[PDB]
Trainee: 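Drug: meclofenamic acid | Macromolecule: Prostaglandin G/H synthase 2.
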There are 2 protein chains.
Amino acid sequence: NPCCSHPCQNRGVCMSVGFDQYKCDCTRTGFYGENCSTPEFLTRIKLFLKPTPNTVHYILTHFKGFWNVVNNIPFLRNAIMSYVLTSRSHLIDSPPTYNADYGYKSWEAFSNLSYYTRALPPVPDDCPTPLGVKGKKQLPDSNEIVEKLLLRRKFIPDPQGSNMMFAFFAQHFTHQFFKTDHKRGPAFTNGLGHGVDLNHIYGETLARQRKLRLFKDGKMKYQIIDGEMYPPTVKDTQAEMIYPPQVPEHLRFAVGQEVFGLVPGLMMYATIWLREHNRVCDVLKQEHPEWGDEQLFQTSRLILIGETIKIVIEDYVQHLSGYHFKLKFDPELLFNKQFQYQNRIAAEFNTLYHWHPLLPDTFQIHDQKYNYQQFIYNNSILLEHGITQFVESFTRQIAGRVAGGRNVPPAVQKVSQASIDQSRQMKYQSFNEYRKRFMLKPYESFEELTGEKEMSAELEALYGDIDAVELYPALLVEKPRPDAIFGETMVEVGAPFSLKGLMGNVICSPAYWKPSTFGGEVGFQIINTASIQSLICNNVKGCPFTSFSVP
Amino acid sequence: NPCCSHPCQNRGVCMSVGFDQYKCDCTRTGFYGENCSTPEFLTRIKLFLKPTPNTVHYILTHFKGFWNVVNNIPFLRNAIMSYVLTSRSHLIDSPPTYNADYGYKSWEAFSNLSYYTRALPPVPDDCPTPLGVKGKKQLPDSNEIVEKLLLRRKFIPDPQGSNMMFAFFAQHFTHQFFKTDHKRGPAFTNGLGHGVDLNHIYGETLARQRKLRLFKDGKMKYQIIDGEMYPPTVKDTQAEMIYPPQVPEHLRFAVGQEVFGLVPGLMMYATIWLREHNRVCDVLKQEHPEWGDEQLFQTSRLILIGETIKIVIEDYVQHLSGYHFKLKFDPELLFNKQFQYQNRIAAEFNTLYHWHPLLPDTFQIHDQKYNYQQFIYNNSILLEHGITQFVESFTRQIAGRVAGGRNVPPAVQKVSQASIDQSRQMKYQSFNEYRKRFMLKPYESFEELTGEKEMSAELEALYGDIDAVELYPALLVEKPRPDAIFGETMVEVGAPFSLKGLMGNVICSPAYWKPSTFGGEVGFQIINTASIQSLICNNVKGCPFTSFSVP
Ligand SMILES: *[C@@H]1O[C@H](CO)[C@@H](O[C@@H]2O[C@H](CO)[C@@H](O[C@H]3O[C@H](CO[C@H]4O[C@H](CO)[C@@H](O)[C@H](O)[C@@H]4O)[C@@H](O)[C@H](O)[C@@H]3O)[C@H](O)[C@H]2NC(C)=O)[C@H](O)[C@H]1NC(C)=O
Ligand SMILES: *[C@@H]1O[C@H](CO)[C@@H](O[C@@H]2O[C@H](CO)[C@@H](O[C@H]3O[C@H](CO[C@H]4O[C@H](CO)[C@@H](O)[C@H](O)[C@@H]4O)[C@@H](O)[C@H](O)[C@@H]3O)[C@H](O)[C@H]2NC(C)=O)[C@H](O)[C@H]1NC(C)=O
Ligand code: COH
Ligand code: COH
Ligand SMILES: CCCCCCCCO[C@@H]1O[C@H](CO)[C@@H](O)[C@H](O)[C@H]1O
Ligand SMILES: Cc1ccc(Cl)c(Nc2ccccc2C(=O)O)c1Cl
Ligand SMILES: Cc1ccc(Cl)c(Nc2ccccc2C(=O)O)c1Cl
Ligand SMILES: *[C@@H]1O[C@H](CO)[C@@H](O)[C@H](O)[C@H]1NC(C)=O
Ligand SMILES: *[C@@H]1O[C@H](CO)[C@@H](O)[C@H](O)[C@H]1NC(C)=O
Ligand SMILES: *[C@@H]1O[C@H](CO)[C@@H](O)[C@H](O)[C@H]1NC(C)=O
Ligand SMILES: *[C@@H]1O[C@H](CO)[C@@H](O)[C@H](O)[C@H]1NC(C)=O
């Protein structure tokens, strides 16, 4: 296949013409020529006036005195936030295009929701090398890559101070749209909503939802233990959950997501959100005594969705970005813009979000310290200590650094390898191709990627060519930004995926973004004043202080 | 329920506040006040400059010499067509809101694709009257409505000259997204693509598609009969079709849509589009001898989708409108506008497209006249005459006028009654409520609606109040425009749904609307030069003259 070398630059579409020739479609790329590499006049100018991401990142992470002024001038904050949203939006194809089985546009790829979509097309089948034309005939041994480059020798804490509240929020939140269907294969998903629908609370299907609902006051089923509200059982709901035989019947908590019983950190947030839903039902009941159970349930769901997006932007992304600028969740910022209120989850977004290095060596709850074997599938620990003690402890324990290499816990060594192996059967293009796909300069050397000497040497011994380095491994060994959890690429690729999934949500559209949608101003206000602190304060006994970073 | 009165005007959202009070959400309506009835300053002006639809219709259907010059100046033609598209589209909620089960915004209503969506929410369950407050406690007998107002005494031909080519095209085309799942109920659909995906050619599911495909050269299965290409059999494809047991196996043609064997007219268009698909495969193979079966199939499908939208706008809607202005299919007209490339089929769109009056008393092919009992499920008629004779004959046979009342063939009486019964199951608001929803002044009397005395009287005897008249019966008895097939409402309500369904298609989005999407410029040119005449000329022996109007 002549398109194996990925000849078309700047988002140009490559098409074969006969057996030995190809053609590049430069339509609306701002470039022309055989490979869409010659800039148009207007393009030369725009390229000359674009700051580098590292320049812009510097600006947003310094001058705290300046940003403190900007954050308190609504007009400016709105203007800045508007830029942040729109300056990235042009990097996501919407409606979506390719998937694992289609490197050309097709109705199958567009219409079949069981697939993850793809930011870059899959490497064609019969190519000289797995990645196209660069690199060796065979990719390096995946286990060898994990051990030499990814495995933790000594715990590397996150310099930004991200804690376990953050790490488990990241996992809980993203696992509502990262639901890989490993029956079919890594290219397929079970989250047909393809975004923030809160299916991990309410269930992916109506059948599961009816098993989880109380059908009184709009609320979700629950049980009281030691005066505290917890999720219901599988026995009570008949809602299937993933549990080992060793887990007794009365400890098989049923929640929206079948796998959230795997780890107590997930069951903590599931409990918190469950409580929040029933709390909002009580508020709405007070406001609307004429409302029935169905409308109480549906309106509460729409509110929690709003809370979720609110919290993710203004607390979660806020902490992750390290910006002194105060991010703002406000759908009105897009009402005068060209924006598509739809989204399809990208397989690469999933891959890049394998933040295994976040995980500590042991989990520390109160006085106790649990290893992975003791912590996994253990709702006893949740009942023993309680949510309050969980929050206090998770807020204090720091997470591991994601970029910079060699920080993956040996306990999840198999999962790290799987991420590499699964990236290969989905035929991912190289790291540098994804750099270019998101307006970044390709690395010219291994040393430029890692910013050090020995890991880069290992990469060269394994891959040989810098253009042969794979997406997932490179993201984890990439040179971090100064005192940051990530490197340049992780942010520049992830941010557009993330913002698209948040602002693209239907509740953000002008027809939905109204008080009547959420039951009136009281309901609308719950969204617009939501925070990770208030979420905990409203639903966790004692109202403990919490944050996404260690104090 | 205080909202039974439909108090909120101008797209305002009604919400109950306690048992006896309500509240209107006037957000972004352009109006304010308790009822969203008081216009803002800009709105006050906008309404003043906006011409009435009857005026605009007059200007587009007269001054034939003036439009002749506008049509040949691309700057003017593009600008006008652009306004046509945008001015209509703002009347459609996208992403979609209500369905038959939800008169308030809910995630269930948004996410469940099995429902038709709703331009107006259902009438609340427990209201004084079926339509809310207006009208009698019980709606008139649906059979009495059909007999008095809708049944055809004597055939009334369409003044616009619509022929059977047009009638069967309307039926064939619209039945890809009007696929009511009566198993579940009238509120539900089997077309989860919710638009122009040509599932009626290729099948809804991948399983049925694989049954119809040849898996060589990207082609669809077929058989040759008298030198001419026809659809394959059920026995060969194992694709389910709906046929009475008395139909012999060799006459059981298998096509994408299960019901198209019902009438030869549909099976005619199914055969033509089948031929076109296999024709485009031959064209693409010449351009791409390096391509495989899968890519040839998928690319052909995308091209036929383009042809359909092209033909619908510049031939079908062009004839239907009666405009002297030449409508244009050009996705680039929207690339600088705010527009959502998504759509959800509205139940009301389905209802207003029950154009039963189009049907003739008998079907006239060559020298023979077939009644309904003769014509239904009779594919032997198709083979006897051939597609060419079908095209020649149907082009010449006049269709019935749709508006004006009393033109529904008694043969389909029970179908017309079902339209009324079903719309009542789904709790449609009144005809006047749908007029106001689409910026039309509500009718003051029955006489203003029909423009005459006889049907007016029978209407008042049945409904009592003008605000009690139902959508479907009113559309068919409405005073038709001068020498036109429809009345005002049908167009002003139908056109937004239609254009949104056409331009909202994914292939019209900037990422898709490129030559590379369609296999290069040769494929792209197939779309952009498509017409109903070229579709016939390329696939029907002898290249017979055809048109959507009688010669
Ligand atoms: C879009 O909306 C449609 C209309 O609301 C949804 O269709 C409806 O789906 C529900 C649930 O799938 C279905 O109700 C069925 O619920 C009963 C379930 O209870 C039984 O299930 C357990 C299973 O182990 C069993 O032990 C017991 O028998 C327990 O009682 C079914 O048993 C029963 O047959 C009933 O049909 C509705 O019938 C169905 N409605 C229609 C009109 O089709 C549709 O699911 C939704 N689409 C989504 C959410 O994707
Ligand atoms: C999105 O894409 C997915 C991947 O392409 C689609 O999943 C695939 O779906 C097909 C069928 O829907 C499935 O094929 C399976 O069908 C075989 C049966 O074939 C014969 O068997 C019956 C027996 O009665 C016969 O009557 C039929 O006529 C037919 O000739 C199975 O035996 C076999 O297991 C085979 O796998 C694929 O497995 C499946 N692939 C994956 C990876 O899941 C998915 O359907 C699509 N989503 C849509 C269209 O909504
Ligand atoms: C912040 C990100 C994050 C965290 C904290 C986290 C925390 C933990 C954790 C904590 C105790 C455990 C035991 C695991 C273990 C697993 N994770 Co994650 N995971 C994370 C991101 C992901 C993602 C993303 C996937 C793929 C999701 C999918 O496709 O369903 C994943 C998949 C897995 C799988 C599937 C294996 C496979 O073959 O793909 C296992 C097992 N893991 N992970
Ligand atoms: C231009 C529009 C048009 C035409 C010419 C047309 C011509 C014909 C025709 C010609 C020989 C026949 C035998 C019928 C007979 C039927 N029509 Co139509 N129909 C049309 C638009 C529709 C639509 C739209 C529906 C509802 C489709 C759905 O919900 O799936 C429909 C429904 C039906 C049904 C379903 C039963 C019911 O309860 O509604 C039958 C039977 N009919 N119609
Ligand atoms: C958890 C400990 C990981 C064991 C890694 C075994 C594979 C050898 O890994 C080696 O380890 C050395 C010391 O870290 C590095 O300096 C080398 O670059 C690396 O290749
Ligand atoms: C605008 C901006 C800036 C910095 C980060 Cl870290 C993000 N967010 C992410 C970056 C990389 C990967 C994931 C995310 C995320 O939002 O989840 C955003 Cl959206
Ligand atoms: C712009 C315009 C003008 C006139 C008609 Cl008739 C249409 N088309 C329809 C009008 C009413 C009902 C249906 C349609 C249609 O396109 O099918 C359009 Cl889109
Ligand atoms: C870019 O075009 C040149 C000739 O214009 C060609 O030799 C080269 O192969 C193209 N790029 C790639 C990566 O092949
Ligand atoms: C849960 O933790 C307890 C400690 O209280 C331990 O004894 C038990 O083995 C664990 N159960 C698991 C991991 O299933
Ligand atoms: C608004 O309309 C409702 C319709 O029933 C009416 O009861 C009410 O008096 C109106 N209020 C106004 C016009 O202020
Ligand atoms: C079907 O049409 C044929 C002519 O092609 C005719 O002989 C036959 O009687 C028709 N069938 C019915 C049931 O009328």
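In the text below, chain A, chain B and the rest are named by the order of the sequence lines, each starting its count at 1. As the structure lists them, so they are numbered: ligands from 1, and atoms in each ligand from 1.
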Trainee: Do you know where to find meclofenamic acid in this model, all copies counted?
Mentor: ligands 6 and 7
Trainee: Enumerate the other chains with heavy atoms less than 4.0 Å from meclofenamic acid (ligand 7).
Mentor: B
Trainee: Write out the binding site of meclofenamic acid (ligand 7) as chain and residue number, heavy atoms closer than 4.0 Å.
Mentor: B/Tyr316, B/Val317, B/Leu320, B/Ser321, B/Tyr323, B/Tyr353, B/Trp355, B/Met490, B/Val491, B/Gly494, B/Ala495, B/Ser498, B/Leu499
Trainee: Under 3.5 Å, N or O to N or O, is B/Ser498 touching meclofenamic acid (ligand 7) that way?
Mentor: yes
Trainee: I'm comparing meclofenamic acid (ligand 7) with the native heme b site: which UniProt-listed binding residues in chain B have a heavy atom within 4.0 Å of it?
Mentor: none
Trainee: Checking heavy atoms only, which UniProt-annotated substrate-binding residues of chain B fall inside 4.0 Å of meclofenamic acid (ligand 7)?
Mentor: B/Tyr323
Trainee: Can you tell me which residue and heavy atom of the protein come closest to atom 9 (C) of meclofenamic acid (ligand 7), and the distance to 0.1 Å?
Mentor: B/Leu320 CD2, 4.0 Å
Trainee: Distance under 4.0 Å to a non-hydrogen atom of B/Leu499: what atoms of meclofenamic acid (ligand 7) satisfy this?
Mentor: 19 (Cl)
Trainee: Can you tell me which residue and heavy atom of the protein come closest to atom 17 (O) of meclofenamic acid (ligand 7), and the distance to 0.1 Å?
Mentor: B/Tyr353 OH, 2.1 Å
Trainee: Which residue in chain B carrying a UniProt active-site annotation is nearest to meclofenamic acid (ligand 7), and how far away is it by heavy atoms, to 1 Å?
Mentor: B/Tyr353, 2 Å
